[PDB]
> 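First the structure, which I've put down as structure tokens, then a few questions once you've had a look.
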Amino acid sequence: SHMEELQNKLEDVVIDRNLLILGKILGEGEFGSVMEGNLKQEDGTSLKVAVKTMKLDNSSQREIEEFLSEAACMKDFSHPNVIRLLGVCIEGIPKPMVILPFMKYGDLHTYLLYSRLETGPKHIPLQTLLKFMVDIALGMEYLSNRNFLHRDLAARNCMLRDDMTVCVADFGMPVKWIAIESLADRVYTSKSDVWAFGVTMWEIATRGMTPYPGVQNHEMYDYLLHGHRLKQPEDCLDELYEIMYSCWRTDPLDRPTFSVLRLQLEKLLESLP
Ligand SMILES: Cc1ccc(C(=O)Nc2ccc(Oc3cc4cnn(C)c4cc3-c3cn[nH]c3)c(F)c2)c(=O)n1-c1ccc(F)cc1
Ligand SMILES: [Cl-]
Ligand SMILES: [Cl-]
Ligand SMILES: [Cl-]
């Protein structure tokens, strides 16, 4: 029970409820519906937002405190490839809410899949795909430098802005993104995120394939213990494959840092005409 600590932590990002106008439902999240909205800002402008709400039921003091912890966890993230907290509404209503920026094109996984259909985005070029990987690496570099562990890094948790920038986030199958040492023990480090980053790169390069076709979830641990890894996609440059492969080295200490991955990815992207 840390409700007093949490309210003091979130004080300077509290927002007046009446500045916010809610709109339609975007979907369901951990604690309830996610609405789109408009938020009138301090300087006088307007901003299209996503508003995370809590279910109408009497959700416990623990759920409320868990909800606000997540916001407090995000509060100081300031980076263009990391989702940012716009603020919170508490003290005017029975369930509080968290205000986030609107991500026009939604989650990256669904976007990759829609790009293979005529009606959605068009065919994504190789350079744009690489740029998505770069953005994610930039975001993860920032987070791992702050000692934040993601733990569920995947294309489905990455979000696309109006200008096609990727933001790392968590919405709140998954065995297939988990590093070998994290399956084997409870161990998570930044190097476990590196592994999940490699899988996300492979998702991006395959334009949204589920990792490890023909391997079922309950077979995964054994498959990885035998040293087997994701195969090279048919259209994937050898250099790009070498980069994703380095993310799955059995010893976490041998995997590259996010800085190194990001440098390697920028170099490959800039190497293309
Ligand atoms: C640490 C932390 C705490 C809390 C969060 C969080 O609350 N994120 C979060 C994310 C998405 C959410 O949903 C949507 C938001 C938008 C915006 N635009 N559009 C169109 C949307 C549609 C939906 C939607 C929901 N259902 N269906 C669709 C949502 F409600 C909450 C978070 O991400 N992190 C974090 C974790 C790891 C990092 F690297 C960085 C930050
Ligand atoms: Cl953002
Ligand atoms: Cl597919
Ligand atoms: Cl595979």
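The numbering of chain A matches the PDB entry: 568-658, 663-743, 762-862, in order. Below, all heavy atoms of this structure are taken into account, side chains as well, without hydrogens, waters or symmetry copies. In each ligand, atom 1 is the first atom listed, and ligand 1 is the first ligand listed.
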> Got a name for the drug at ligand 1?
merestinib
> Counting heavy-atom pairs under 4.5 Å, which macromolecule has the most such pairs with merestinib (ligand 1), as named in UniProt?
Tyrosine-protein kinase Mer
> Which residue of chain A listed as active site in UniProt is nearest to merestinib (ligand 1), and what's the minimum heavy-atom distance to 1 Å?
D723, 7 Å
> May I ask you to check if merestinib (ligand 1) and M674 share an N or O to N or O distance below 3.5 Å?
yes
> Would you mind finding which of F742, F598, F634 brings a heavy atom closest to atom 12 (C) of merestinib (ligand 1)?
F742
> What part of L714 sits under 4.0 Å from merestinib (ligand 1) if we count only heavy atoms: the side chain, the backbone, both or neither?
side chain
> For merestinib (ligand 1), which part of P672 has a heavy atom less than 4.0 Å away: the side chain, the backbone, both, or neither?
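Backbone only.
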> Tell me which part of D678 gets within contact of merestinib (ligand 1): side chain, backbone, both or neither, using heavy atoms under 4.0 Å.
neither
> Only heavy atoms of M641, strictly under 4.0 Å: list the atoms of merestinib (ligand 1) that pass.
1 (C), 2 (C), 3 (C), 4 (C), 5 (C), 32 (C), 34 (N)
> With a 4.0 Å heavy-atom cut-off (strictly under), which part of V601 contacts merestinib (ligand 1): side chain, backbone, both or neither?
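Just the side chain.
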> Numbering the atoms of merestinib (ligand 1) from 1, which are under 4.0 Å from a heavy atom of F719?
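Near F719, meaning under 4.0 Å from one of its heavy atoms, merestinib (ligand 1) has 1 (C), 36 (C), 37 (C), 38 (C), 39 (F).
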> So is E637 polar-close to merestinib (ligand 1), meaning N/O to N/O under 3.5 Å?
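N/O-N/O distance below 3.5 Å does not exist for this pair.
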> Going by the closest heavy atom to atom 10 (C) of merestinib (ligand 1), which one wins out of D741, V649, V669?
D741
> Most residues of chain A in contact with merestinib (ligand 1) fall within which UniProt domain?
Protein kinase
> Within a distance under 4.0 Å of any heavy atom of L671, pick out the atoms of merestinib (ligand 1) and give their elements.
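That gives atoms 9 (C), 29 (C), 31 (C) of merestinib (ligand 1).
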> Which one holds for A617 and merestinib (ligand 1): side chain close, backbone close, both close, or neither close, with close meaning a heavy atom under 4.0 Å?
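Side chain only; the backbone of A617 stays clear of merestinib (ligand 1).
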> Where, taxonomically, does chain A originate according to the PDB?
Homo sapiens
> Considering only heavy atoms, which of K642, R732, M730 lies nearest to atom 21 (C) of merestinib (ligand 1)?
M730
> If the cut-off is 4.0 Å to any non-hydrogen atom of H721, which atoms of merestinib (ligand 1) fall inside it?
37 (C), 38 (C), 39 (F)
> Just let me know how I650 lines up against merestinib (ligand 1), side chain, backbone, both or neither, with a heavy-atom cut-off below 4.0 Å.
side chain
> Find all residues with any heavy atom less than 4.0 Å from an atom of merestinib (ligand 1).
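Heavy atoms under 4.0 Å: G594, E595, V601, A617, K619, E637, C640, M641, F644, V649, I650, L671, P672, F673, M674, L714, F719, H721, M730, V739, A740, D741, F742.
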